[PDB]
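Drug present: oseltamivir carboxylate.
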Number of protein chains: 4
Amino acid sequence: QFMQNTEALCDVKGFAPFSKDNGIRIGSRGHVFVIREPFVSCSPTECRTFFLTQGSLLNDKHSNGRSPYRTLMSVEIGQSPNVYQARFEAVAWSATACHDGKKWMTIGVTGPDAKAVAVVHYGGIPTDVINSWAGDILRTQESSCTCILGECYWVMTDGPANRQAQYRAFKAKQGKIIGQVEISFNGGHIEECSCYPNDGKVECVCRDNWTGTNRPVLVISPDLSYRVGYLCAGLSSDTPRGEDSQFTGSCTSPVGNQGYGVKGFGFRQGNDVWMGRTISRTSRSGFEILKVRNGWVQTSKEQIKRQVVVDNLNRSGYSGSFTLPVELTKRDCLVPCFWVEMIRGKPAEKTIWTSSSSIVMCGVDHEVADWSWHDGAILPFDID
Amino acid sequence: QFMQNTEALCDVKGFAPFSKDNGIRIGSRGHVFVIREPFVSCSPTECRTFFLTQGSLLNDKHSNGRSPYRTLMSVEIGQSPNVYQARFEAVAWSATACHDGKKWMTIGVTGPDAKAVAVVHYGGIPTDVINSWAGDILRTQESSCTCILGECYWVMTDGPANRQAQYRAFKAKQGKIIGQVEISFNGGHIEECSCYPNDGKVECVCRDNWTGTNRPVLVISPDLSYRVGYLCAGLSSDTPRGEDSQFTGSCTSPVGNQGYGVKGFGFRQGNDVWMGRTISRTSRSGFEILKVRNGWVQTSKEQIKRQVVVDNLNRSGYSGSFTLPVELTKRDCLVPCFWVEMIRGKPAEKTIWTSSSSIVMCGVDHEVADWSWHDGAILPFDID
Amino acid sequence: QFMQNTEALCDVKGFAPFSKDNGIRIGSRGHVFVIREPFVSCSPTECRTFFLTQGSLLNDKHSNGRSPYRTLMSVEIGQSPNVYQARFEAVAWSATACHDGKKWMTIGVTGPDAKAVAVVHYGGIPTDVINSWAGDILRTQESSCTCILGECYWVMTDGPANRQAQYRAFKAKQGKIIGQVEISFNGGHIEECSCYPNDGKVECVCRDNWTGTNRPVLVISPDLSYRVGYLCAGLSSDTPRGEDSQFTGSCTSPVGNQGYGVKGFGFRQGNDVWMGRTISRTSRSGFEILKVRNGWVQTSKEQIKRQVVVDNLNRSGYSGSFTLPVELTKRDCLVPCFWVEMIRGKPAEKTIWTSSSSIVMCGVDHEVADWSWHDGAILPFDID
Amino acid sequence: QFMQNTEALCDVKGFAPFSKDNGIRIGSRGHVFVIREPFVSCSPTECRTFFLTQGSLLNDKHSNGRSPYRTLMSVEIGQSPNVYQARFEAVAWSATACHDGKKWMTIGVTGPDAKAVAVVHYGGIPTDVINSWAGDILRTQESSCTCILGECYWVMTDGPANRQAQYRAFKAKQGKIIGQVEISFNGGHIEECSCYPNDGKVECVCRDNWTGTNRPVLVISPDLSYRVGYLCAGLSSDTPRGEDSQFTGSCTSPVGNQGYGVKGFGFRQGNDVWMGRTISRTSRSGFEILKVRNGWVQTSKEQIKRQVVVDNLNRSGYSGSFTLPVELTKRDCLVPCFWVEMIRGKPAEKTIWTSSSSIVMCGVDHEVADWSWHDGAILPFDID
Ligand SMILES: *[C@@H]1O[C@H](CO[C@@H]2O[C@@H](C)[C@@H](O)[C@@H](O)[C@@H]2O)[C@@H](O)[C@H](O)[C@H]1NC(C)=O
Ligand SMILES: *[C@@H]1O[C@H](CO[C@@H]2O[C@@H](C)[C@@H](O)[C@@H](O)[C@@H]2O)[C@@H](O)[C@H](O)[C@H]1NC(C)=O
Ligand SMILES: *[C@@H]1O[C@H](CO[C@@H]2O[C@@H](C)[C@@H](O)[C@@H](O)[C@@H]2O)[C@@H](O)[C@H](O)[C@H]1NC(C)=O
Ligand SMILES: *[C@@H]1O[C@H](CO[C@@H]2O[C@@H](C)[C@@H](O)[C@@H](O)[C@@H]2O)[C@@H](O)[C@H](O)[C@H]1NC(C)=O
Ligand SMILES: CCC(CC)O[C@@H]1C=C(C(=O)O)C[C@H](N)[C@H]1NC(C)=O
Ligand SMILES: CCC(CC)O[C@@H]1C=C(C(=O)O)C[C@H](N)[C@H]1NC(C)=O
Ligand SMILES: CCC(CC)O[C@@H]1C=C(C(=O)O)C[C@H](N)[C@H]1NC(C)=O
Ligand SMILES: CCC(CC)O[C@@H]1C=C(C(=O)O)C[C@H](N)[C@H]1NC(C)=O
Ligand SMILES: [Ca+2]
Ligand SMILES: [Ca+2]
Ligand SMILES: [Ca+2]
Ligand SMILES: [Ca+2]
């Protein structure tokens with residue numbers, strides 16, 4: 001049976017802690033991959049954490065830091081990314097994964113920068129390929145893809161990381177690419193889309209790495225018509241970004257004139273929006289989630305909820321979205337969840353290596369207090 | 001199929017050894033979580049050990065000792081709480097878990113002391129939340145919850161650990177809270193209830209951490225009517241406690257005028273009772289189980305059985321109750337079992353860390369000899 | 001479905017290598033239990049290796065050598081007895097296990113020498129108990145028990161290890177003891193029986209630790225009538241033993257006037273017999289298997305086959321029997337298999353610890369060449 | 001259900017990366033077997049990596065280098081050959097394995113050089129044996145065997161490694177040998193065949209270790225009629241070999257007059273051929289795959305595709321073939337895949353040990369760019 005995933009996303013008032021893997025703490029002694037770019041995706045029976053290894057273990061000389069050793073692997077949600085619980089998925093230095101109700105689809109991108117290859121896998125074997133079409137680091141979401149009615153959808157970019165690039169959406173059935181579309185977005189920039197199903201469409205909130213401090217939004221229909229623009233809200237959710245009091249929103253255009261960025265996410269809540277962001281404006285530190293009234297449709301600054309998940313003295317990193325399927329929840333709507341990556345090590349910290357751990361939160365019908373579920377590893381390590 | 005668990009508890013004459021995990025011994029070299037608060041709960045197909053990790057491994061610098069790293073995880077009964085066999089359950093510094101016949105329900109409490117959040121999980125995803133209602137360390141059983149006819153029941157406390165607090169019982173179906181009751185117990189104190197099903201009711205034997213050296217008893221009906229009082233028996237089963245020869249029982253009121261306490265358990269046996277206690281009156285050392293004639297209904301001192309499980313030269317700790325379901329036993333009654341936690345390390349011992357291991361015993365129809373299945377680890381460890 | 005196991009044992013011409021776990025070699029670096037007394041038993045879907053741990057790991061200070069830490073655990077056949085693949089079965093310093101077609105039955109004996117308790121487990125929970133009836137180390141086979149038509153059978157001893165003791169056979173269904181018999185064997189001694197099904201009976205070949213250099217044989221019928229005596233063959237198969245040229249067989253009585261012994265096995269082959277023995281007469285070194293014409297029924301010295309499995313420069317240890325069920329083989333007969341335990345460490349070798357590894361061989365229809373699949377570990381280890 | 005595997009092999013234009021296990025990198029710290037001779041084979045539900053351990057772990061003193069410790073084990077494709085994920089298959093210093101749709105068949109050869117024994121296992125138990133028929137290292141493919149319509153086929157050699165030997169093909173059903181044929185190949189030499197199903201036949205491409213720099217080809221029909229010769233193509237694919245510009249092909253006879261060799265593979269593509277080879281002509285370094293027009297039927301030098309997988313500065317080793325079954329792909333043809341073994345350590349490198357890791361590629365309908373997915377371990381290791 002294919003998962004329909006045609007339901008509305010649930011409207012939620014707060015987010016509760018789902019899991020914490022403690023991967024780095026455990027890796028001081030246990031056998032745990034150096035990783036980065038973790039993400040969560042669910043099947044009808046379980047949620048799993050996916051991650052890009054460096055082909056090396058914490059506290060080993062090989063952790064010394066797009067290589068040909070990076071692989072996509074997965075564990076059950078809340079397990080550390082440890083060697084002896086890991087399932088191999090793909091050769092990959094960029095990836096996305098999702099389940100259609102019947103099997104896991106994973107996409108791993110590997111190969112040379114000038115001519116990369118994305119291998120689509122379905123049920124644990126390779127089934128199709130997409131080669132780079134613009135010759136400049138073909139790359140993808142680093143979070144869950146989205147499956148509706150047995151067809152799965154994802155976004156890729158090829159081109160410069162800091163100026164205009166090219167963006168395509170793809171649709172597959174049972175691991176075969178059956179459609180694609182080029183997304184026209186002159187002046188805009190899309191990287192590392194965080195996508196989820198809502199009302200029979202794929203809604204993605206992405207990263208502008210060129211000039212925008214606000215985030216791109218892309219809404220794809222099953223026939224690959226789409227709409228694209230920027231998240232309307234009058235609060236900026238990229239990093240780096242400027243102060244909220246100097247920010248004016250835009251539904252159409254990049255605002256803030258700053259480079260760089262970080263993968264993040266948001267969720268539509270009718271006309272409102274939940275948006276995540278690092279607490280710091282200049283560095284990947286802290287993590288808060290804000291609900292903004294009419295923030296999906298207008299340049300609103302009307303904050304109605306805020307929750308802190310990692311405090312501002314502690315490192316954060318990427319964040320991303322996924323949903324709980326109704327075959328697990330028995331709800332009439334899709335429950336929205338997110339993860340946060342907490343990066344440790346170089347160059348900010350004096351270590352030879354870099355890795356991350358994660359925390360996962362899911363939408364519930366009550367507000368939840370602020371706290372900090374930070375990484376908690378004690379650096380440097382023995383190897384340093 | 002839901003488990004009925006409407007049967008009488010079996011009347012048993014002695015307890016036989018079920019498992020011993022040797023977690024600390026194995027942790028001198030293997031990759032094993034620092035834990036405390038282990039417990040056992042069964043499904044129709046297996047028994048599992050649940051435990052609260054410290055987000056760190058034995059013999060690692062992170063084991064140096066309510067943190068945001070503590071997690072609830074589980075293994076099959078008698079496996080050490082090791083990294084590579086562990087199943088992740090919840091973010092938690094207090095917990096309870098049980099199976100309804102179809103899936104595992106777990107509850108993990110995390111967050112700040114002033115405003116904690118308990119996340120209910122069902123079949124490995126979050127499904128409901130209970131926030132602190134009194135603002136002072138919302139907390140729960142640290143042992144098995146109890147499911148009857150597809151509805152599961154547990155006890156929580158919010159308030160002071162050493163004076164009057166507030167106590168509630170909750171009922172859920174498929175991970176959704178469908179009822180709750182405040183337990184009126186003015187002058188009494190309830191913590192860390194050890195509960196089991198008997199004759200279509202939930203019977204719990206708890207810890208009074210305020211003034212009582214005797215244990216509270218709470219009997220909850222499926223409609224959330226209840227009765228509450230103290231275990232009648234004229235022998236005290238908390239620690240610390242006074243000498244038995246200075247003790248007089250009470251069915252209604254705390255006796256002994258001493259603070260502090262330890263999680264323990266008892267089982268009704270018609271009108272008699274099996275009660276566990278540490279052998280020492282002043283410290284968590286040794287473990288014995290006593291059967292007292294009419295001890296459930298009267299202030300009896302008539303001991304009819306005694307069995308030692310850990311001798312008085314060796315550390316003990318918490319203990320708790322669970323039952324074997326009839327779909328495993330094919331009996332006409334629910335078999336009563338208990339576990340004992342054996343704590344090692346600081347402050348009693350000169351180590352930087354604290355953890356525990358466990359032994360599990362089940363009720364049988366013959367008396368079993370005394371012995372000592374103690375922890376057996378050799379301290380200090382390399383890290384110390 | 002219960003396994004019938006009513007078929008004749010296959011008549012076999014040689015034995016082929018099934019598995020080798022390399023447990024000690026791997027334990028120089030990996031996380032592997034110190035063990036002894038390994039054995040193999042099969043279900044309709046797989047063969048497993050069972051073993052008695054010391055509650056400690058190789059190369060750790062706890063391996064420094066009937067304790068309360070010993071446990072029965074199991075892995076798939078040919079896996080090292082490593083922590084992260086092990087299934088917990090029982091608290092045990094002596095054990096037996098077997099499958100009835102539906103579930104695993106295990107028996108673990110633990111407790112004090114004067115008053116030990118054997119806990120019967122069935123499908124991973126305790127289900128019955130046998131307490132010591134003579135007050136002197138209740139003990140059992142250390143190899144597979146035998147199930148026929150859904151009823152399982154095993155042998156136990158209680159009493160002195162070096163003079164007359166007492167011996168009982170037990171029958172269980174679904175983990176409940178439904179029958180027992182005392183085996184009258186005045187002047188004889190039975191320990192550590194190696195049993196298998198043949199033609200709807202249980203045939204066991206045991207160890208005489210009192211005066212015999214020949215092995216006891218016990219044949220039990222489903223109704224617990226039995227016959228008992230000694231393996232007829234005019235070659236001695238215990239260790240220690242005398243030279244074959246000074247040996248005369250007996251069907252009825254212990255021969256050779258020597259103490260001590262080692263667990264071993266034999267298989268009836270119509271009127272012939274396969275018998276295992278250490279190659280050395282004085283120490284547990286080497287391992288050979290001999291087929292003797294009419295050796296089951298007469299004091300024959302007519303050797304018709306010989307195969308070496310461990311050469312005489314290498315350590316051996318216990319050996320034992322099990323059979324392959326027809327639901328795995330699709331044969332019309334039960335295939336006979338054996339294992340050999342290869343003990344390493346103290347007192348023979350200069351180490352602080354003692355453990356073993358294993359090799360498993362199964363009966364085939366062709367002769368197989370001699371070789372040596374010895375342990376191969378390099379002692380002492382780092383810990384020594 | 002038996003797998004038919006009667007379909008044509010798919011005609012493919014390039015090969016995409018399936019997996020990379022990073023076994024040596026991970027083994028610098030993790031618990032990973034010293035191996036060599038890895039290979040991949042698939043069932044209807046998954047692909048697995050098989051490998052011959054040395055009965056020892058990387059970075060341990062036992063890794064110090066046909067022993068009686070070598071075993072055949074397997075993991076899921078892309079897992080390192082680590083202790084705690086490994087499934088035991090056979091005692092083996094040479095091996096082959098394949099699935100018939102219902103169960104795994106494995107063959108492990110062990111024993112003395114003069115009189116080796118090959119044990120056939122089926123569904124995880126031994127089921128038949130083949131003893132050496134020529135008394136000189138009985139040996140087999142070190143890659144996948146081939147199953148068609150429920151019958152499985154493989155090739156073995158017995159005799160000298162460097163002059164004329166003897167070669168047989170065998171057929172089994174459910175682990176029982178039901179047929180065999182001696183392959184007449186006077187003047188030729190066959191070792192380490194790489195076989196796959198194509199159009200209801202078994203096509204194998206092998207290693208000539210006597211005089212040929214070209215590879216033998218053997219095509220076996222289900223009734224054990226066969227044809228044998230050499231791969232026609234006018235490019236040599238063994239190592240060592242001469243320059244392509246001095247090479248003329250032959251369909252019938254060994255060409256190049258050089259000894260030694262390396263296990264490799266090729267795939268028929270109608271009348272064309274994909275052939276793998278090391279990039280170096282003198283050493284096992286680099287790996288490229290070439291498609292040659294009419295290379296199956298004529299001495300063609302017409303190269304139409306080339307892809308590099310390991311560059312020529314990096315070590316390679318053995319390579320081999322397998323196919324994806326239609327029950328995984330839902331295609332109308334069998335997808336061709338190969339693996340490459342990347343050997344590290346002595347004598348080329350200054351270490352006490354030798355092991356390998358692997359990369360796996362599968363046939364797709366687009367060309368894929370050149371890259372290098374080399375081993376990447378940093379030698380020497382701590383133990384050296
Ligand atoms: C980590 O690596 C440092 C840099 O080494 C150099 O750069 C790398 C990329 C390689 O090409 C290597 O060959 C070069 O030597 C070292 O200088 C340093 O020793 C390393 N540190 C530790 C603790 O292993
Ligand atoms: C264990 O920790 C001891 C105390 O350290 C101090 O307190 C903790 C809570 C942290 O805030 C830390 O920053 C402080 O330094 C140490 O003094 C001691 O080194 C540690 N021992 C070992 C063996 O790791
Ligand atoms: C192994 O143990 C040796 C003997 O120790 C003594 O006997 C044991 C049974 C215990 O009671 C212990 O308390 C006694 O100290 C030691 O002398 C020796 O250090 C140990 N060796 C190693 C390498 O750990
Ligand atoms: C590795 O082994 C070297 C050679 O040792 C000798 O040869 C082997 C086959 C055995 O017979 C052994 O008994 C002999 O001693 C050693 O000389 C060397 O120490 C070893 N190296 C390390 C680092 O373990
Ligand atoms: C190459 C552009 C890309 C998106 C901005 O840079 C990413 C940014 C990163 C970052 O900002 O942390 C690390 C990513 N692993 C990297 N992606 C790849 C494929 O290299
Ligand atoms: C906070 C009061 C509570 C019950 C008395 O104290 C417990 C006692 C403990 C103890 O007495 O050993 C340790 C428990 N982990 C702690 N519980 C929590 C949630 O912190
Ligand atoms: C206690 C008598 C018994 C049988 C002879 O001794 C056995 C001999 C042993 C041996 O000879 O190797 C080791 C066994 N683990 C031991 N059994 C127990 C339960 O201790
Ligand atoms: C014995 C001849 C054989 C085929 C040429 O040599 C092989 C070559 C090898 C090699 O060339 O790398 C290593 C193999 N493990 C070895 N096979 C066996 C069974 O020893
Ligand atoms: Ca930006
Ligand atoms: Ca108290
Ligand atoms: Ca004897
Ligand atoms: Ca050659």
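Each chain gets a letter, A, B and so on, in the order its sequence line appears, and its residues count up from 1. Below, each value reflects all heavy atoms present in this structure, side chains not excepted, and no hydrogens, waters or symmetry copies. Ligands are counted one by one from 1 in listed order, and the atoms in each one are counted from 1 as well.
Mapped onto the model, all copies of oseltamivir carboxylate cover ligands 5, 6, 7 and 8. Bound to oseltamivir carboxylate (ligand 6) with the largest number of contacts is the chain that the PDB entry calls Neuraminidase. Other chains in heavy-atom contact with oseltamivir carboxylate (ligand 6) below 4.0 Å, by letter: B. Residues touching oseltamivir carboxylate (ligand 6) within 4.0 Å, heavy atoms only: B:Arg36, B:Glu37, B:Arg66, B:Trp93, B:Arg139, B:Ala161, B:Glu191, B:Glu192, B:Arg207, B:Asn209, B:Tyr260, B:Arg284, B:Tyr318. Residue B:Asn209 approaches oseltamivir carboxylate (ligand 6) through these ligand atoms, each under 4.0 Å from one of its heavy atoms: 5 (C). In this structure, the protein non-hydrogen atom closest to atom 15 (N) of oseltamivir carboxylate (ligand 6) is B:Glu37 OE2, 2.7 Å.
Neighbours of oseltamivir carboxylate (ligand 6) among the ligands and ions, at a cut-off of 4.0 Å: none.
For atom 9 (C) of oseltamivir carboxylate (ligand 6), the closest non-hydrogen atom of the protein is B:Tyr318 OH, 3.1 Å. In terms of protein heavy atoms, atom 6 (O) of oseltamivir carboxylate (ligand 6) is closest to B:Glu192 OE2, 4.7 Å. Of the protein's non-hydrogen atoms, B:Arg66 NH1, 3.9 Å is the one closest to atom 18 (C) of oseltamivir carboxylate (ligand 6). At least one N or O atom of B:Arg36 sits closer than 3.5 Å to an N or O atom of oseltamivir carboxylate (ligand 6).
Within the 4.0 angstrom cut-off, atom 11 (O) of oseltamivir carboxylate (ligand 6) has one or more protein heavy-atom neighbours. In the vicinity of B:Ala161, heavy-atom distances shorter than 4.0 Å reach the oseltamivir carboxylate (ligand 6) atoms 2 (C).
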